Amino acid sequence: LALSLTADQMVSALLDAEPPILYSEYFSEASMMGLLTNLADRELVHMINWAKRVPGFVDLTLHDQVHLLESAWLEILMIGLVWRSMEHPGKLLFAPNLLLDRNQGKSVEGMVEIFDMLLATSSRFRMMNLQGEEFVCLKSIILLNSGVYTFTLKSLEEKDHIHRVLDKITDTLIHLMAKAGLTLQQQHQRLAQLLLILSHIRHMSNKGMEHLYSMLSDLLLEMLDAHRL
Amino acid sequence: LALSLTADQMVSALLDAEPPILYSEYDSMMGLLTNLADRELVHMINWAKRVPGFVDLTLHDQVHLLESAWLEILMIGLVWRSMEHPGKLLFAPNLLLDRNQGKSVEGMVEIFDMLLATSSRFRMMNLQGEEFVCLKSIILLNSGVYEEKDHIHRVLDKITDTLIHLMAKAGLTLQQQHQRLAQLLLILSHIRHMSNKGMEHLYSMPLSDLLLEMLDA
Ligand SMILES: O=C(c1ccc(OCCN2CCCCC2)cc1)c1c(-c2ccc(O)cc2)sc2cc(O)ccc12
Ligand SMILES: O=C(c1ccc(OCCN2CCCCC2)cc1)c1c(-c2ccc(O)cc2)sc2cc(O)ccc12
């Protein structure tokens, strides 16, 4: 199924799978982390629904689906954020009613360095004029890639399938860039520039997790392990 | 001004700049590993000066990039020379360690397993030497970037051009070329991850000044 999709059909499925932009509740420095936490927790629900619609993801065992989301969920939140913030220089659009600047990040101990890395990524996307079709491909790469090196004959089968699906998303990115008129050299170069940004998003996720710990497996299984009823 | 080399000249320069394999100074694991890494750093600086385009950056930026990249560079080198040693990491020719030795150091075995998994990934893609040296140069120029930045990106673009060249020269289709390029660059996010976890581990147990002093030999 997923391996038979054309590039156009991959783009469409990913665009359709997109989760909604959530809001914060209808503010002060003291309630800031509570609001961000509440937002991230509501976004996780929609993240599971989205991941189940990424072609190939539901072909995996539930254990492997849990592993991939457990590895990727914060990178996925962050790339969503930097995407939402791209048109808001110097600000992070956590939600439409929760647009924060650097100074508001100061107030939470540990956060401004991460806030600064997020802002620079959003500036980098803005410089590259990142398109929504490219965004959804990158977010799907993160889902399938971040946990794939921390996993039997079934496991061997699973990893091959993941890499085949990753290869299809690469084909899709290149097709988008060719459709946009880029020369072949420019296509390869832009693919590389986008994927190297994924290393920076990994970096920010690890710094973020350290920060979050200074202040999940079963929960993901519960949401992922639905009945058929 | 390194933007003028051809792909073959870029490969040849990278291959010729490769550092030597050092031995473990002995004749206490973490002390040995610490001693080795500190001696390898010197040779890493000499290597970096030969990466085309690097020296065209200010010293401040040269230092900044090395400070951000050095553990990732040590790790990918470790993974590369451990390929032919399944289940073991060849820290040095006289310092070949397996998991249970890694387990002896509280907080190491998880990253030890990640390193082992990376070397198995390299062995299973049949990573080539010309590819490896391109990947290390990318780590150097990319890890700390987030006119000077323009230049860094413009060298990074030159390395992507070179990778595609090597793959085309191997007979890969255009589709296979961009597929493998992507697989290689996604491995760099796992190398970043292992460096992040390694730094947390090492620190649970300034550098710029030391790097400056190394650039004076
Ligand atoms: O503030 C958060 C955040 C807060 C709490 C989180 O975890 C809450 C615990 N919960 C456990 C179950 C899984 C979901 C998270 C995660 C992110 C967000 C981010 C962050 C930024 C800097 C930093 O140092 C740390 C985090 S990035 C982000 C993007 C969002 O869409 C929502 C919240 C956020
Ligand atoms: O064990 C080390 C190691 C030990 C000490 C180090 O740093 C010592 C501090 N030193 C201060 C001056 C700057 C250079 C670092 C670095 C790596 C190596 C590694 C490691 C693996 C797992 C893990 O959890 C932590 C580290 S990987 C590696 C590759 C090498 O070529 C050499 C040492 C190593």
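Numbers restart at 1 for each chain; the letters A, B, ... are given by sequence-line order, proteins then strands. First listed ligand is number 1; within each ligand, the first listed atom is number 1. Both backbone and side-chain heavy atoms feed into the values below; hydrogens, waters and symmetry mates do not.
Bound to ligand 2 with the most contacts here is the chain that UniProt lists as Estrogen receptor. At ligand 2, the PDB records name the drug as raloxifene. With a cut-off of 4.0 Å on heavy atoms, the other chains touching raloxifene (ligand 2) are B. Looking at UniProt's 17beta-estradiol binders in chain B, a heavy atom closer than 4.0 Å to raloxifene (ligand 2) shows up in B:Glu40, B:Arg81, B:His201.
The dominant UniProt domain at the interface of chain B with raloxifene (ligand 2) is NR LBD. At a 4.0 Å heavy-atom cut-off, raloxifene (ligand 2) touches B:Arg81 through the side chain alone. Distances from atom 21 (C) of raloxifene (ligand 2) to the heavy atoms of B:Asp113, B:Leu115, B:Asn35 show the closest one on B:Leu115. In this entry, the organism cited as the source of chain B is Homo sapiens. Closest to atom 31 (O) of raloxifene (ligand 2) by heavy atom, among B:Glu40, B:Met194, B:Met30, B:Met75, is B:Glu40. The proximity of B:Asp38 to raloxifene (ligand 2), defined as any non-hydrogen pair under 4.0 Å, is limited to the side chain. Under a 4.0 Å non-hydrogen cut-off, the residues that form the binding site of raloxifene (ligand 2) are B:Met30, B:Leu33, B:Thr34, B:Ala37, B:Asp38, B:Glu40, B:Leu41, B:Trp70, B:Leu74, B:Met75, B:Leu78, B:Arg81, B:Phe91, B:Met108, B:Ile111, B:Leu115, B:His201, B:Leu202, B:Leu207.
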